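Read the structure below first, then the notes.
So for chain A, numbering is the PDB entry's, and the shown residues are 74-486, in order. One-based numbering, in listed order, for ligands and for the atoms of each. Heavy atoms only: backbone and side chains are in, while hydrogens, waters and symmetry mates are out.
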Amino acid sequence: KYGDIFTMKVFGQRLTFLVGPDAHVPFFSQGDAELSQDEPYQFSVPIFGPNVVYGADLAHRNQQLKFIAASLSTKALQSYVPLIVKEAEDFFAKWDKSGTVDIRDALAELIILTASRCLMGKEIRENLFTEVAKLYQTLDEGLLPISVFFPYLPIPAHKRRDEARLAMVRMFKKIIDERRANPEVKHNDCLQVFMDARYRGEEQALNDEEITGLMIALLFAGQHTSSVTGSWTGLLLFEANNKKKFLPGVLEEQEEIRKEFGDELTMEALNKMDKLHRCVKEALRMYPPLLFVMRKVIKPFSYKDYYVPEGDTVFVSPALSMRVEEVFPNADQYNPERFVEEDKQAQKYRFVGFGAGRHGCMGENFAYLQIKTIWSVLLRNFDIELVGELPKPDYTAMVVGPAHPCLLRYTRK
Ligand code: HEM
Ligand SMILES: C[C@@H](c1nc(-c2ccc(C#N)cc2)cs1)[C@](O)(Cn1cncn1)c1cc(F)ccc1F
């Protein structure tokens, strides 16, 4: 090894990792001509679709990111937040006087519910959820670690996936054709943002696949990440170790705001919950949901005295580059308040769990707001104690959340 950087050769290709905040500089800051996403992420293509995201050429690609970006902008966010909150308050109402809950599975149910209404609209969410929660998890199920190198191996799962996507397109066929018949009616969701999107040089719009694809992707990104970091934020907090040292800090801020921005719950009020923003952010720092992020190298680049040829595949791990102790004092242990003047730091790419650069996470705030809302509600309506100790990371999966007896128990407030 070096400490900072280390290539392997595995199967065919050779994987050049980076860990340094200096290291990251080439991974997070060169451009689309210099690093490619095409090859490394090509596993997703026939989960999302043809000419969707990584499916499409560079021209049609950069624009779809933009439609997503604008679908998830501060504007559109402010308008989802109402939906996000209500669902949260609606979900946690249903709970008992007192009882156990697998916080992973519960917040997974709850985020997909809200992922439905913001991404696919009222009709999908009100009429068709249980259908579209199957048609998703059938696409999901066609993601095996084989799929990441042969994403078209004729194996039975891939068929079922390809099949389930086709079906989901025809579902939005109906819903979009309905809407294109009454332009009159205004619409608050992503798919509307997409429906109204058009490319440069052409004014026919995106179609009932391309759209559906674009939305599924955001379904994917939601379920594979928010869902877990949601759970981590709380598993860590309500471990007793940390409940003592941090939970007063927390609930004080829950009251301090409560008496200013009311019993009801609005974005203004989330945006300034600066503690819980950190108390979540630290659960990304310690247990990022994506293990690592990849590019094939196009224009080659030296790093120090280490040459990184062409056809390489440069990695960065969140989980690795955020346990560096020359960058995070006390990295082994759960310190929400580290960010209070870490966030004051100048050097780029010290925190990478939401990546950085040209391709940093277009969902960052959506995630936060979804997540903060969940605990924001859960703190006010319950008292939350952990059963067992802090769950172990679960690498036996494509998704990388906490191991599956990862539960709490609630008693009403
Ligand atoms: C805690 C939750 C999440 C985490 C940790 C996370 C993390 C990341 C990271 C690390 C990247 C960079 C990946 C790369 O370099 O290729 C990224 C990109 C992205 N994320 Fe997320 N993400 C989260 C949630 C979401 C959600 C909920 C959405 C959408 C609803 C979303 C949409 C995206 C998109 C569109 C990009 C691509 C930007 C591009 O390729 O130019 N993410 N995310
Ligand atoms: C492109 C998507 C990514 N997949 C990985 C990845 C996952 C598992 C392995 C393995 N083995 C290797 C790489 C890193 S980034 C993703 O980056 C992921 N995402 C972003 N925010 C939330 N999840 C992605 C990007 C999108 F633009 C849309 C959907 C989507 F899942």
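As for ligand 2, the drug there is isavuconazole.
Against isavuconazole, the chain with more heavy-atom contacts than any other is given by the PDB entry as Obtusifoliol 14alphademethylase. Defined by non-hydrogen atoms within 4.0 Å, the binding site of isavuconazole is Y114, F116, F121, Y127, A290, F293, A294, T298, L363, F365, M367, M471.
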